[PDB]
Amino acid sequence: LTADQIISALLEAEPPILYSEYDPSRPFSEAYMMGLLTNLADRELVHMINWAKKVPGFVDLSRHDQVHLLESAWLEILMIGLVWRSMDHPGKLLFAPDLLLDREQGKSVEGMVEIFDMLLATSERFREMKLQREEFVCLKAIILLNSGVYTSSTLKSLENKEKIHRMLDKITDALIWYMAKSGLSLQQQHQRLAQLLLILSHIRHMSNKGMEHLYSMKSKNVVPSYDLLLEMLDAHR
Amino acid sequence: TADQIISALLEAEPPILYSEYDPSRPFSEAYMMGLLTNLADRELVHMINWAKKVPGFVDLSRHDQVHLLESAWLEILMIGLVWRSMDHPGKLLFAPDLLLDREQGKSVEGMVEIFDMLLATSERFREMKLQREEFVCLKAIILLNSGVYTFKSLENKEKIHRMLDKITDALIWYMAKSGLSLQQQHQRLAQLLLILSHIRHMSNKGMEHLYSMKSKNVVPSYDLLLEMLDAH
Ligand SMILES: O=C(c1ccc(OCCN2CCCCC2)cc1)c1c(-c2ccc(O)cc2)sc2cc(O)ccc12
Ligand SMILES: O=C(c1ccc(OCCN2CCCCC2)cc1)c1c(-c2ccc(O)cc2)sc2cc(O)ccc12
Ligand SMILES: [Cl-]
Ligand SMILES: [Cl-]
Ligand SMILES: [Cl-]
């Protein structure tokens, strides 16, 4: 696929924006807020699997590798979507069209304000850089494919590792091509590519801190089970 | 210029320290962790000297310098370890007198996971034939980027961004001087910056492993780093 075909496929695969089912009449307790966020994330996961299967090349990886990438990336992907939705809302996190939250609301849950501040800082960075939808979808696909923890290896794992490397190179090419099509100088192209890929290190950090936080709130039932992900991947929706 | 950035970073490389490993002592976990702790402690002093040689870093306020060092110090130690280890497949070269394999990492509770990640990162660097010029650029990028999204202030942030961009320019310049095509330049740049996200992951998991370990002086406290910045 040429660079435009990759971007076109990713744009067409964008998931829908879901609502939190927020009810203004309910007391807005910590448990109520976290319950809304939990059910929202759970409903977003199904759409994330559908999106992943449309990432060029993803379904040509082994089903094991598909699951493993989703297991590693799912919170990063939720977070970058949040940051994108919040770009045009300084100081706010737009979890859903009916759930806009600020720092002060995060303070009510121990450990949440620190992560809110990191998410807000990323949204500010995206706003300042005027991140384009074409760049966002490339970054989200890179997150999915780069998520696997470094690792005992078999011919199958090496085969999929090389495929993932080739896919990442093509998305890099597409990100650069979009910038060139948009008129950026060669010097601006490498600087902006570097700045955008460096933000992915911050999103990784936020995901790690977020996982720590979820485990301190819920003992178990925090990560999607392997069987759950495989079930959703195999569905012929 | 780009050549001046690369030459400056090469000249700023810290010395390779020894662990003081004594083969005659019983290699208890306490003895090993002690060697690694004191080694890291001694490396930190040289990391401060090096940081002040990263172009632009001296022009930042003490508060900003401390914040960046606070966020980056373990990643910087780890990328150094990975670099020293890429001539030793299957081993981590903490120091020339302390070369450890995966088995020796099992002695520490919860360390084999981090060990394997570091080993795999060293293999990645070996496969890519990472050059010293690229390595020093990556270390400088880690220093200027790890803490920039956790911070007048708006101008200070943009100032650090410009400092980063000058290192990116130098890293691409080196690749262009080495003969890579434009496509290979952008591909290799992306490959290296994506490895940095994994080194960030390793640092985060190492931090969780150090705090949970109850280790003494897990992090260089703010006041500690603040005082070391005034040594020179
Ligand atoms: O609040 C959440 C969140 C809540 C519950 C989650 O997991 C619920 C458990 N569920 C188990 C089955 C598999 C899917 C996860 C995940 C994110 C979100 C985030 C978060 C923010 C700060 C913080 O300290 C921790 C998390 S970021 C985010 C983006 C979304 O699109 C949805 C929820 C969220
Ligand atoms: O063993 C260590 C290590 C041990 C103690 C440390 O903290 C020491 C105390 N702290 C140091 C900074 C000043 C404040 C005191 C840091 C690294 C090293 C690493 C490590 C690996 C896996 C893991 O799970 C945790 C750490 S990586 C590394 C590279 C080095 O050059 C030296 C030590 C190391
Ligand atoms: Cl020494
Ligand atoms: Cl010394
Ligand atoms: Cl090269």
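Chain labels are A, B, C, ... in exactly the order the sequence lines appear. In order, the residues displayed for chain A correspond to 310-460, 463-548 in the PDB entry numbering, which applies throughout. The residues of chain B that appear here are 311-461, 467-547 by the PDB entry count, in order. Scope of the values below: all heavy atoms of this structure, side chains included, with no hydrogens, waters or symmetry mates. When a ligand or atom number is given, it counts from 1 through the structure's own listing order.
- The drug assigned to ligand 2 in the PDB is raloxifene.
- Short version: main partner of raloxifene (ligand 2), named per UniProt, is Estrogen receptor.
- Other chains reaching under 4.0 Å from raloxifene (ligand 2) with at least one heavy atom: B.
- Nearest-residue assignment for atom 32 (C) of raloxifene (ligand 2) (options B/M357, B/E523, B/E353; heavy-atom criterion): B/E353.
- Taking each of B/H524, B/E423, B/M517, B/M543 in turn, the one with a heavy atom nearest to atom 23 (C) of raloxifene (ligand 2) proves to be B/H524.
- Of the candidates B/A350, B/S536, B/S395, B/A350 brings a heavy atom nearest to atom 33 (C) of raloxifene (ligand 2).
- Every atom of raloxifene (ligand 2) with a heavy atom of B/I424 under 4.0 Å away is listed here by number and element: 22 (C), 23 (C), 24 (O).
- Lab note - ligands/ions near raloxifene (ligand 2) (< 4.0 Å): none.
- Distance remark: protein heavy atom not present below 4.0 angstrom from atom 20 (C) of raloxifene (ligand 2).
- With a cut-off of 4.0 Å on heavy-atom distance, the UniProt-listed 17beta-estradiol-binding residues of chain B close to raloxifene (ligand 2) are: B/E353, B/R394, B/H524.
- The residue B/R352 has no part lying near raloxifene (ligand 2), judged by heavy-atom distances below 4.0 Å.
- Of all atoms in raloxifene (ligand 2), listed by their number and element, those nearer than 4.0 Å to a heavy atom of B/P535 are 13 (C), 14 (C).
- The backbone and the side chain of B/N532 each have at least one atom closer than 4.0 Å to an atom of raloxifene (ligand 2) (non-hydrogen atoms only).
- Chain B: most residues in contact with raloxifene (ligand 2) are in UniProt domain NR LBD.
- Binding site of raloxifene (ligand 2) at 4.0 Å, heavy atoms: B/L346, B/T347, B/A350, B/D351, B/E353, B/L354, B/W383, B/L387, B/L391, B/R394, B/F404, B/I424, B/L428, B/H524, B/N532, B/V533, B/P535.
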